[PDB]
Amino acid sequence: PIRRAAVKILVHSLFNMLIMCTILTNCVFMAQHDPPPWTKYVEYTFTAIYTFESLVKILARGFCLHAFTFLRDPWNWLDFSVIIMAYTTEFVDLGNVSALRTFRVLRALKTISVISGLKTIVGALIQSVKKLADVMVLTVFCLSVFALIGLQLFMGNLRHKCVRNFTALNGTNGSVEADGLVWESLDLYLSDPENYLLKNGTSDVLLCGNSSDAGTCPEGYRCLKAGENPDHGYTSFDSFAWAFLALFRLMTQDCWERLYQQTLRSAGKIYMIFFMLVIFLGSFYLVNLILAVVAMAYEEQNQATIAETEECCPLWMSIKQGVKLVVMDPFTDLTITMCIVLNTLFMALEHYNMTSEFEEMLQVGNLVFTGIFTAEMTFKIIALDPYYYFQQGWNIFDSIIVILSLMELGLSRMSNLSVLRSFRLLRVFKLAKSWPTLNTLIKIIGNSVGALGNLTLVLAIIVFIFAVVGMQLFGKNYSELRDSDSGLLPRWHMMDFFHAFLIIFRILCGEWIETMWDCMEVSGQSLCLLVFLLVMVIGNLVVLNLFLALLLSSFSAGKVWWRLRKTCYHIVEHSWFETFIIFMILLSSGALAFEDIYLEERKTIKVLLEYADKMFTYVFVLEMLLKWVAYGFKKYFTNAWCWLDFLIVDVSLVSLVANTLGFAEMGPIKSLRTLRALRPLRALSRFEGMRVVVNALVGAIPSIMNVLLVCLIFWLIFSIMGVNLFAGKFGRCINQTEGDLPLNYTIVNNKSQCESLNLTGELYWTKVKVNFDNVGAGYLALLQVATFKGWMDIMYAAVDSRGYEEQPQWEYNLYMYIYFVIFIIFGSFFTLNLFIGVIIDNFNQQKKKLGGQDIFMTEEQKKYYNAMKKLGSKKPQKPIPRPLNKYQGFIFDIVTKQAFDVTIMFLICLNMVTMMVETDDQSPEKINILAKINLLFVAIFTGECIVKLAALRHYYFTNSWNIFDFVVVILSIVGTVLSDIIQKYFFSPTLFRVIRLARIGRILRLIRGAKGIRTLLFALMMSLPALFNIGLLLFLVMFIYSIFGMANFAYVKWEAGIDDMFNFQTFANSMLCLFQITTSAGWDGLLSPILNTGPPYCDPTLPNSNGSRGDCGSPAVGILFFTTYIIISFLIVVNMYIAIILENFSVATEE
Ligand SMILES: C=C[C@H]1CN2CC[C@H]1C[C@@H]2[C@@H](O)c1ccnc2ccc(OC)cc12
Ligand SMILES: *[C@@H]1O[C@H](CO)[C@@H](O)[C@H](O)[C@H]1NC(C)=O
Ligand SMILES: *[C@@H]1O[C@H](CO)[C@@H](O)[C@H](O)[C@H]1NC(C)=O
Ligand SMILES: *[C@@H]1O[C@H](CO)[C@@H](O)[C@H](O)[C@H]1NC(C)=O
Ligand SMILES: *[C@@H]1O[C@H](CO)[C@@H](O)[C@H](O)[C@H]1NC(C)=O
Ligand SMILES: *[C@@H]1O[C@H](CO)[C@@H](O)[C@H](O)[C@H]1NC(C)=O
Ligand SMILES: *[C@@H]1O[C@H](CO)[C@@H](O)[C@H](O)[C@H]1NC(C)=O
Ligand SMILES: *[C@@H]1O[C@H](CO)[C@@H](O)[C@H](O)[C@H]1NC(C)=O
Ligand SMILES: *[C@@H]1O[C@H](CO)[C@@H](O)[C@H](O)[C@H]1NC(C)=O
Ligand SMILES: *[C@@H]1O[C@H](CO)[C@@H](O)[C@H](O)[C@H]1NC(C)=O
């Protein structure tokens, strides 16, 4: 009949191309927010084509009882759902919320079954998510335990406002409050935002606390616990639903600097030990354990797929011969390859305000280089036939560069897109032939756009699907809700398609929570919670699996003098000598932590460090002099540790001689005695473990220099492009009293209008501090944009662009967002990819050079691993319990059952649930019942404890979990009984808490029985020594930068990032700033006051107690400080990853 004819229609490639064109056109139509009534045509034609497509399918593959074909296929259920949805929506609507249309988008998802083997990529992603399966349950377990720690420590401990003083006024029945105006009731007084403190600069609310460590109220306001909440209401640490969210954003490190720059301000500064626990065990470990299992899963399935796949004539001749002979000269190769270096150095010289004849010489330069390159093209075309010249990797690229640089330049009188200057700028890639590392960065991009080119297309589909789902759902809600006062939407709304795309792009970048707040403020918590977690899990799974795909695809491809020498060698061999030396180095290093801004008033102890310093110098000088003739110059100067000690002793001696003898305080002697912060590095050679760590990092130095040169020469492209696009355009005229807001563009148009109207000295024309003016200044902007910290003020200054030197305007240059999108996709992403891919290979071949293959490992810890691996490998043979008596002999008949063990195991989860239900400011009804059932559970567990003790005499204390069980029992006993002694004591908002935390020791009995948690947690218990060893070096580097910063960065102005409690004024306050920068979190705000100068934003000639004047930090050391601390921290934090993945692979491939 025609069924054989419908099968003939179904198998066309033209039919699949037609369905592709229809799906893509409907994708273009569904991504408009405001459809006009011309959609009577197109929507009916789409639902006609989608009718015709499904009819062709069901005529071939139907009849009635199809459980075998067309409906056991899962991708056709969506196609059937779409057409039945269109047919059930085109008669009559039932609920007119008009959110019905979104399911229509499921049209855009149908193209996964239509294009190619994209149907296999989604199956592989589902295989990897299925493969995780234990990391997820331990993630929710550790987030549960740490959330309960955060409750029993921090309950209600984050609502603290710094309210104004009041009085009960003794004149009414009730609670009248006096603020200089009458106020009714205490409760209504504490609820009005007329009594609170705005922080300086911002518009947050100030937080305080009764503790001695915490933030302090000013001279007239009171620190007490009464208000709404912080951020918008979504950041309190009570109410375990919110504690799980707060510790989850803690785990993915989104804006957590703001979480604990609000926690430590209220709870006291001693609680950064909790954040040092969760950042170094929750975030850095659980995040770096997801990646290991995903990478091992990908490598396993890729290995399986590879394994399964494996199973006229005279003039022409004379002129041609000579030119050809010239062309293959390896010396003429050199004078062009080293000539493009001159061009890219000549274009990286075009700065911000050229001096009107400098620009002419630069144009003449570009013209000369263009002539040199075109002459080369002509000589190589004459050199050999143009069909032979247009062959292979490198001549058509050079032809395209010449014909683009030539044609646009020939359009001499031009409108100018500014791109044309760029057209020449693309030529930097030409030296990838010689350079063996830009070859690999070209291979990564070519591997992403066409050997892994479908997996980026799945990502382009998924980003588009979420940007349409969000635009259809959340789009109308933003409209009148947004504040205006002009007609003015926010920066990160979702009404358009483009803003809807950027807000998904941010969640891919890792910044998701300030959009959840702006979304929950209009759309309710339920939808907005769901969408922005699905985007985060699905999108980061896709982006991460793409990242690992690229990385794997890349790196997959006088005879008493002799006795006098020996007796002096005998004293440095004598162990008490270096035992004295270690304690002397530690004391000499820690003693200079007292150098702070309180050493002027601490006048007494100030001299005690002078004597100490001038004693330590003499001891170390005697040390070097005593080691000299004990070892000889040959053994001493060829050790490369003794050069470090010799350099430090030399610095101390120069400082000493200049200080004592020459009255040498004259000039840069102060800048030389700043350099005595390097004294901790004497310990770097003596603790054997940090010697092992610095050997492992010194060995992998030369690769880092290569990849950093590649990243420098590759960001040079975008820096010259950013100078070409945005030089001078970041110039803002500012009303001074309001501080930090750009002026209206309708009353001040140009800089002429700004500097023309200071009849009063108010208006200041300031640059954004991180501008693109120089090529060197543009590199720091690229560093802030690439590290995902600080880019807001860069993008908002770029998008606001309007001219050359004239006021910015709210969205006058909107589409410049795609420039930073291109930079984050190319620069950050592929840079990081190449960077991790280089380091992994370097550490792998460094392991492939040694003996004992464990790196980051001292010898004694290598002896420890061999005994620690004997503990739990391969399941031990076990003895079986036997009765002894008739009395207790029938008890273990009830106890040793498998039903009793799971009875305890699901009874203790109920004991967890009764811990989860706690709240702040509950009711007195609840504490009584909850405290009664508190003792009830303890009674049950103590009962079964004593039963199992008396049931087995020596067989109790064997399993080493059962010891832990009795320990948790006696901890629960003390935690219940002590509670009654608190009343006759000192202040206890927090002493009872640290006693109450011992009930969480019950929760750690759930891991007895979960093999997916015991295995993967013993993988860290086996990984503690290398983690400890890297940690020493991390603390040491933290210590050295703390002293340099405390020497340099004290007495800066306080603003964006440097408040009264996170500053470089003492050692305790400096450790906290460097701890938040150790995770790269928020270093943008510390640098922003350091880059100041004369007015505004700072003030020189400031009265200063330390004998140093000024209040303005210096940008030269301020940039250097942060920009080398980030890289050093990154490296180490990249070591940690290598140690974790080594111990994971060893346990996994072991059993
Ligand atoms: C959970 C950790 C992942 C998140 N970032 C990318 C991969 C890892 C590590 C890194 C981050 O932890 C990090 C640590 C230390 N220094 C960094 C410096 C820059 C950076 O770019 C966002 C991330 C850094
Ligand atoms: C309240 O006012 C009365 C006088 O009207 C005075 O005697 C009393 O001491 C006051 N009490 C307080 C607590 O102010
Ligand atoms: C307050 O005092 C007045 C007397 O003027 C009385 O009528 C009223 O009941 C009192 N308030 C309360 C809550 O009892
Ligand atoms: C505000 O109350 C506090 C009590 O903590 C007190 O120390 C302070 O002196 C009061 N301020 C004024 C202006 O009375
Ligand atoms: C601090 O203590 C005072 C009295 O000891 C109390 O009235 C106040 O509410 C407390 N504030 C906080 C934040 O605990
Ligand atoms: C700067 O701000 C102050 C206070 O808002 C205002 O009075 C002044 O007019 C502003 N300057 C100019 C030039 O308008
Ligand atoms: C600046 O803009 C104003 C328009 O308000 C115009 O009159 C003036 O000529 C411009 N000056 C410069 C230097 O661009
Ligand atoms: C405005 O004029 C005052 C004159 O006192 C000057 O201090 C300030 O630098 C000027 N600002 C600009 C942008 O011209
Ligand atoms: C600047 O002022 C005008 C007043 O005519 C206002 O309409 C405009 O919205 C303001 N600019 C911005 C970016 O709000
Ligand atoms: C906040 O501003 C006030 C007044 O401008 C100042 O006295 C104080 O030192 C500032 N800094 C704080 C509270 O950290």
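Along the sequence shown, the residues carry numbers beginning at 1. Technique stated in the header: electron microscopy, 3.3 Å. Note that ligands are numbered from 1 as they come in the structure, with each ligand's atoms numbered from 1 the same way.
The drug seen at ligand 1 is recorded under the name quinidine.
The chain sharing the greatest contact count with quinidine is, according to UniProt, Sodium channel protein type 5 subunit alpha. Other-chain residues and nucleotides with a heavy atom under 4.0 Å from quinidine are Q253, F284, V287, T787, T1078, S1080, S1129, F1130, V1133.
Contacts under 4.0 Å between quinidine and other ligands or ions: none.
Among UniProt's transmembrane segments of chain A, counted from the N terminus, heavy-atom distances below 4.0 Å from quinidine occur for 6, 24.
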